[PDB]
Amino acid sequence: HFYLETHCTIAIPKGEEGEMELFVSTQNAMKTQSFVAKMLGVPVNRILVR
Amino acid sequence: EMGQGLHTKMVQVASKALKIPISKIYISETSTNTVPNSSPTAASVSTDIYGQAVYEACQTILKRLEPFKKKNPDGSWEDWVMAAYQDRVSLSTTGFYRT
Amino acid sequence: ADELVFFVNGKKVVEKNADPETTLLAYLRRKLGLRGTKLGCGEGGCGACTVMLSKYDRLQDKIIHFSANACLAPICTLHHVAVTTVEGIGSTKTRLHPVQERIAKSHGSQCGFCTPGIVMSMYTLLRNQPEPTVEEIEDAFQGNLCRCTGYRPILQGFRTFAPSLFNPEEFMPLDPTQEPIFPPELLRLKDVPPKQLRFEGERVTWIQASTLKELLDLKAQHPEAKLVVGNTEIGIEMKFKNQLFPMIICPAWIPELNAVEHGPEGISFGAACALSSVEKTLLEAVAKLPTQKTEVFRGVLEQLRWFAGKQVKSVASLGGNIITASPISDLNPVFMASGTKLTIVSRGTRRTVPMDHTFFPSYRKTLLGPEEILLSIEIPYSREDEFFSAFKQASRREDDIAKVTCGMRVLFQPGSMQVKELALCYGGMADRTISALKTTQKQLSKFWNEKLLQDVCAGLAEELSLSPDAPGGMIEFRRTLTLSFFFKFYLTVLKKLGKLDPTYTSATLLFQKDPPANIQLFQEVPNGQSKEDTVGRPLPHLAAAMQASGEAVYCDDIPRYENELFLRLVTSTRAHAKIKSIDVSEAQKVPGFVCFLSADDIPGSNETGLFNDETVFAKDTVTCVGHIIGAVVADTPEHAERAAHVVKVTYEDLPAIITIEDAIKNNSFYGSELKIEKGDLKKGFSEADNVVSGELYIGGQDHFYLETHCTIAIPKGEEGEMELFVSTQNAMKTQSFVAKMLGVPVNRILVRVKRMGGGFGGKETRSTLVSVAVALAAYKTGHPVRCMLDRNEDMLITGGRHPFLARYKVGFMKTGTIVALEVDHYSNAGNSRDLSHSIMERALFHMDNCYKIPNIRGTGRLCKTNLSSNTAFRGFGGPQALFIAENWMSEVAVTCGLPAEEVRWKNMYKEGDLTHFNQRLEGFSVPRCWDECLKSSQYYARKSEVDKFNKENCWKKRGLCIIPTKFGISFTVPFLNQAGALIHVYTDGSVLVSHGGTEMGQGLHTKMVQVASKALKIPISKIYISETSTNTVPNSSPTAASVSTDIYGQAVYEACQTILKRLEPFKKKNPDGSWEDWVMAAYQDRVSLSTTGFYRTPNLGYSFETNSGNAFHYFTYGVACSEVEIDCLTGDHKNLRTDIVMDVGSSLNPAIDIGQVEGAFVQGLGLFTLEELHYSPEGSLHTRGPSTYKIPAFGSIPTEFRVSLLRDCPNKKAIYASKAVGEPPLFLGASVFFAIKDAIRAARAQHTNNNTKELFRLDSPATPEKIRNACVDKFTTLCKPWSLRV
Amino acid sequence: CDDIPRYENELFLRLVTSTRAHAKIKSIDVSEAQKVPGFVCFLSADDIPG
Ligand SMILES: Cc1cc2nc3c(=O)[nH]c(=O)nc-3n(C[C@H](O)[C@H](O)[C@H](O)COP(=O)(O)OP(=O)(O)OC[C@H]3O[C@@H](n4cnc5c(N)ncnc54)[C@H](O)[C@@H]3O)c2cc1C
Ligand SMILES: Nc1nc2c(c(=O)[nH]1)N[C@H]1C(S)=C(S)[C@@H](COP(=O)(O)O)O[C@H]1N2
Ligand SMILES: O=C(O)c1ccccc1O
Ligand code: MOS
Ligand code: MOS
Ligand code: FES
Ligand code: FES
Ligand SMILES: [Ca+2]
């Protein structure tokens, strides 16, 4: 692909109820959200992808 | 937005639909807590489908503002919006499209 | 410099560059990233920063555990000390400690900001006593404040360590064997002798002396060096007095300064001994030694009971209190009266002198030389024929500064009543501890009798004079206390010498706790209700566990960006003046200084405020002390603070209008008179058998949310975008005000509110004062910027409840029936309009309370003054008007000579009646609450018991009063009664709910989740609410008017209905499928799982011009009966019992609602009896901290506290038949005020006069000063024109 | 994404990837990695909570 900006993610753990806010260079915030929630083992509503 | 100008096009669409300058419209980012269960931005259909979703959302807004426009036809977009707010009419809505 | 080595939660900390000025709190929060410990006041009075400290005590040979205020603990005092914070005992990520589990499940956590500190105070107690007694449990919180709960749930839940809202049987037992072990490494370090340490900071050098020799050598070389042990005085001087001590020597480690010796003359304590140690030792001595030998010890102990709290007493040293020599020291008067021996030393010298009047020559000074230090203190055993008393009277019993405090000793000739020695020493009557030598000298050789009492009182009245301008004011009260204390001493000695009049006995009794008794009654949910349907169930606040664990994130807990700067507001020190110039030359010299911001830096508009009558930054003129002129931005908060403090502003004073009286005289008002008039007043007064006129005043109130105002502003650098994290109840206004100041479209600003550690209306609008300033800083610097107000800034700047002055005239019949009422209200609005108008409107809407007044006229004027702009505060004008109403109603009863409850009942509205603003009262439940409260409170039976007590007691009286209340529900501004919600159902079926409301501890999100769960018929476990944000739900009204549950509940409900309608087709095609199945099916079929919800309260719109239209959607009702016991000699009082019956319709959550009732009630209790703000004549606030502003403490609540939610009273006007509960209960706190008034009448009937119909004025708050002064007697009288017309 | 300022306590992650096209992972030694200044931790499959 050689997108000038390579893959990048910033993950911010809130420390509450498994909440996490992520800033991601992605075209798929939905899958990023569900995949992160799946790995963490928390409901999808706890993960915010921006 | 990955450089294809999707937000630019959505603002253009929203502006045309609402009949207001693009300067009054803004798109800050894409987030899972504003629009959920979104398909990945792909297949070159983003303009197509989000354009429709944005279009529909705009139609809902126009319909809610219609009573105030009729009430004060010479008024400004700002006048109608404030009137709508003061009359406790929701100025927030979702838009959706299914090909 | 030496390395500072200590442990935090079992982890070793090696600080190679310890700065002597760094507090443990700052270190924990900024260096260790442990934000569970909070900053609530920085002055040791709130306990929010409470932590536990553990150390190996060499002299005791064992590990000791004690609590301490992290805000006052210098990390440099913690070498080889183990710290335990809330994070160190448990968490929701691992497992909650029993203390955390219980405070959470018992509903002892609302906003949660005070929870960690209370958890640590309780935890520390248990580490010392695994099975504490109820009294030990209450005493554990003398230094912890909670503004939300009313304390009852915290104590009742913790009582377990010694339908229902919670089940103790579910609690995990406490197992001491599973507690964290004392750091092994520290236990090893105990085997290596102490060595002197040196710490070098930016401005201070700290020397930890290991031996007495080193200490004396250091003092000889550096006489100026400031000793520091507990730092509970120096810490205050540094932080609040702008003091800077370049060199500090901590002698805490020195064995001689910690030695306890039991000698033949008394018990000696090293000067470094903590007050808690002195207390423990003296308690043991009193338990083992003969009563006659412990008179002085018990005096010391009595003072220690009311000396700060556990946190302060555990670190505060004996030497520190003595040498600080504060005019209000509670111990020096005792040490002086008892001639306590002081051993003073310096290199090469040693002397021992008994403390006497000469020890304190002048303000804050003692007779110690510059090279001398206090080594030890020997508190003397009392001798035969020698008696001692110690008394203290403040504004509040627990953790307060003495108004007057004393130590009194008398020595008689062997076996006689003839005085050999007499010492009456007082604190709070001069700029130093003094002895009434002139007075006592005259009694030597005299006998203990009535003549001596009279002579001493007359003497005290003359010798302990106070000039009208005496610091602290309360001249009459303080002088009365000096005599009253002696009277108590006199009577007590008579008793000890012995035949005392039975009715006089209680006057000699020391304060005694009565066992608590709490009962909560609510309605069980229908038998067939699903377990998943939690509506109506006592579900604990969803974030309670995280609040108890310190995991709950409040604004300042959010990590700072690496490039984040700090802002410090620069405010006016003048009430009204022209700003001639601003000099930042000195500020620019402070390290880390970035810039000074002022009006000219604003890119958009400097016009702000709800009514655009405010500046963001003062321009040309300042209109109140605290008026924001600008702000300093620096690399650290300390640097920002120091720089701001040296910004020099030159003023030219302008005539200032401070008081309501000033405003009236100068016709200084905001807008025109507000008025509601119904009936024919003229005719009404003609018909009246009696007419009473009067004036009444009700003081203001500081919100004192445990978490002060705070804003973090993140500039994005794109299109003017800015994201702000704010502690506000009004994200919409925050957003628009920031946008307005910046001059950018509102759509560029994003405001996010996770939660507030309390709001109470104080964060409805005034939070923008900080938000806009921080936003400007971010805009100008391009860096993230934050600012959290220190308590003193917050109390000075942000405004509070509106003080009200009322002039009334009421006409009534001999039967007590009201036929006419005129009340002119005046509120002190401050330097801007803000919410003052609506507040006055609500006041007018409630001037009737629950009584039908055929002819009534109420007016209101907003006084424009040079004081910080007052704003919304739980009640929003209602409490003031309701108070004024109950005041004349109480006078009508007295005038008619009829039982108050009878007069109130016969005047009470009836179902269907119209209010003075012509709204029909539908579902008027006051009658039921009234009769049920009368019954469950056993009002009548107790009424007679009260009269009996009063006949049997001359210097103590009891009062009982039952009052009703009704509170109109809805914003009195029509358009604010709208609410939006946004709900998303993700493909895993989990639901994210967002609504316009904010969480400030009231449990709104909890209720919304409960609502959503019921509406969707899915477990609450599948629903979540993360925060409130302007980009999810726009144009939201502020979270206020107690209608959030009502309106957001409907919006959430509607959104859920839409979701259900969309899922319906899939549920039908797969009836036996799961929620998850239907959701995925809908998603797969491309059905949107996202929708908004909206609600608009119908039929609202009142007009003051026509006195027509519905002002409220409905009313919330309640009744409260309170009984009190006042000490007619000191002004102190006990809240014996309070019974509340509240109508909250069908409660959505009885736990949260009873919590709101108790919390509101206690806040009202504070408003009417403890809380008072004092201002200089020039308009400068004196009361800027918990040390001087006394909110209700754990010990302030009714001993017997009963709350019942009215049964079978569904409210068809709101979500799931519930009723708003936020504000309605607050006024019921007035039941305490009127019980006190009743008690005072009994006292006046006893010693004042015989006029049983006298109407003495009692303004709010009914503080110890007002209560004592009202109890006119031979003492108040002791504390002459040429001619008089005949 | 990476232009977003880092938090004061923000850490950095570096992926450890396979140098073989197809093989069994016999063992992983991080004893040398742990010596690198600033090393916080090595994360692997067993660290995943979900
Ligand atoms: C929330 C709060 C509540 C309080 N409540 C009360 C109260 O009810 N009644 C009351 O009287 N006080 C009260 N205090 C005041 C304070 O706690 C006492 O004065 C305390 O005993 C001082 O002890 P310290 O060790 O903390 O002093 P520091 O602050 O460490 O030192 C105080 C002063 O004593 C000097 N000093 C200390 N030890 C020696 C020594 N051995 N020889 C010579 N000089 C010495 C120091 O140089 C300094 O000037 C309160 C303080 C707070 C913060
Ligand atoms: N714990 C806590 N309870 C509280 C408050 C608070 O700040 N903290 N605010 C009070 C005020 S002034 C109001 S208007 C209501 C607001 O919330 P509500 O509308 O959901 O009842 O809660 C009341 N109860
Ligand atoms: O309580 C109200 O009536 C009210 C009205 C306008 C704004 C804030 C409010 O609390
Ligand atoms: O469909 Mo484009 O993201 S290949
Ligand atoms: O209506 Mo509350 O925010 S005073
Ligand atoms: S912040 Fe420490 S006692 Fe309030
Ligand atoms: S819960 Fe205690 S102050 Fe809020
Ligand atoms: Ca105001």
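All chains are named by letter (A, B, ...) in the order of the sequence lines, taking the proteins before the strands, and each is independently numbered beginning at 1. The entry is not shown in full; contacts are counted within the portion that is. Both counts, for ligands and for their atoms, begin at 1 and track the order of listing.
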What drug do PDB records list at ligand 3? salicylic acid
Which chain makes more heavy-atom contacts with salicylic acid than any other chain, name per UniProt? Xanthine dehydrogenase/oxidase
Would you pull out the other chains with a heavy atom less than 4.0 Å from salicylic acid? C
Residues within 4.0 Å of salicylic acid (heavy atoms): C:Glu764, C:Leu835, C:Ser838, C:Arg842, C:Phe876, C:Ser970, C:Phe971, C:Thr972, C:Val973, C:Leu976, C:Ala1041
Within salicylic acid, which atoms have a heavy atom of C:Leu976 less than 4.0 Å away? 6 (C), 7 (C)
Residue and atom name of the nearest protein heavy atom (relative to atom 2 (C) of salicylic acid), distance in Å to one decimal: C:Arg842 NH2, 3.4 Å
List salicylic acid atoms under 4.0 Å from C:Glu764, heavy atoms only on the residue side. 7 (C), 8 (C)
Do any UniProt FAD-binding residues in chain C place a non-hydrogen atom less than 4.0 Å from salicylic acid, and if so, which? none
Residue, atom name and distance, where the atom is the protein heavy atom closest to atom 4 (C) of salicylic acid: C:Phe876 CE2, 3.5 Å
Just wondering: which UniProt active-site residue in chain C comes closest to salicylic acid, heavy atoms only, to the nearest 1 Å? C:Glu1223, 5 Å
Contacts by heavy atom under 4.0 Å between salicylic acid and UniProt Mo-molybdopterin-binding residues of chain C: C:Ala1041
For salicylic acid, which other ligands or ions have an atom under 4.0 Å away? ligand 5 (dioxothiomolybdenum(VI) ion)
Below 4.0 angstrom from a heavy atom of C:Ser970, which salicylic acid atoms are there? Numbered from 1 as shown, please. 3 (O)
What are the distances between nitrogen or oxygen atoms of salicylic acid and protein nitrogen or oxygen atoms, counting only those under 3.5 Å?
{"residue": "salicylic acid", "atom": "1 (O)", "partner": "C:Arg842", "partner atom": "NE", "Å": "3.0"}
{"residue": "salicylic acid", "atom": "1 (O)", "partner": "C:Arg842", "partner atom": "NH2", "Å": "3.0"}
{"residue": "salicylic acid", "atom": "3 (O)", "partner": "C:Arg842", "partner atom": "NE", "Å": "3.4"}
{"residue": "salicylic acid", "atom": "3 (O)", "partner": "C:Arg842", "partner atom": "NH2", "Å": "2.9"}
{"residue": "salicylic acid", "atom": "3 (O)", "partner": "C:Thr972", "partner atom": "N", "Å": "2.7"}
{"residue": "salicylic acid", "atom": "3 (O)", "partner": "C:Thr972", "partner atom": "OG1", "Å": "2.9"}

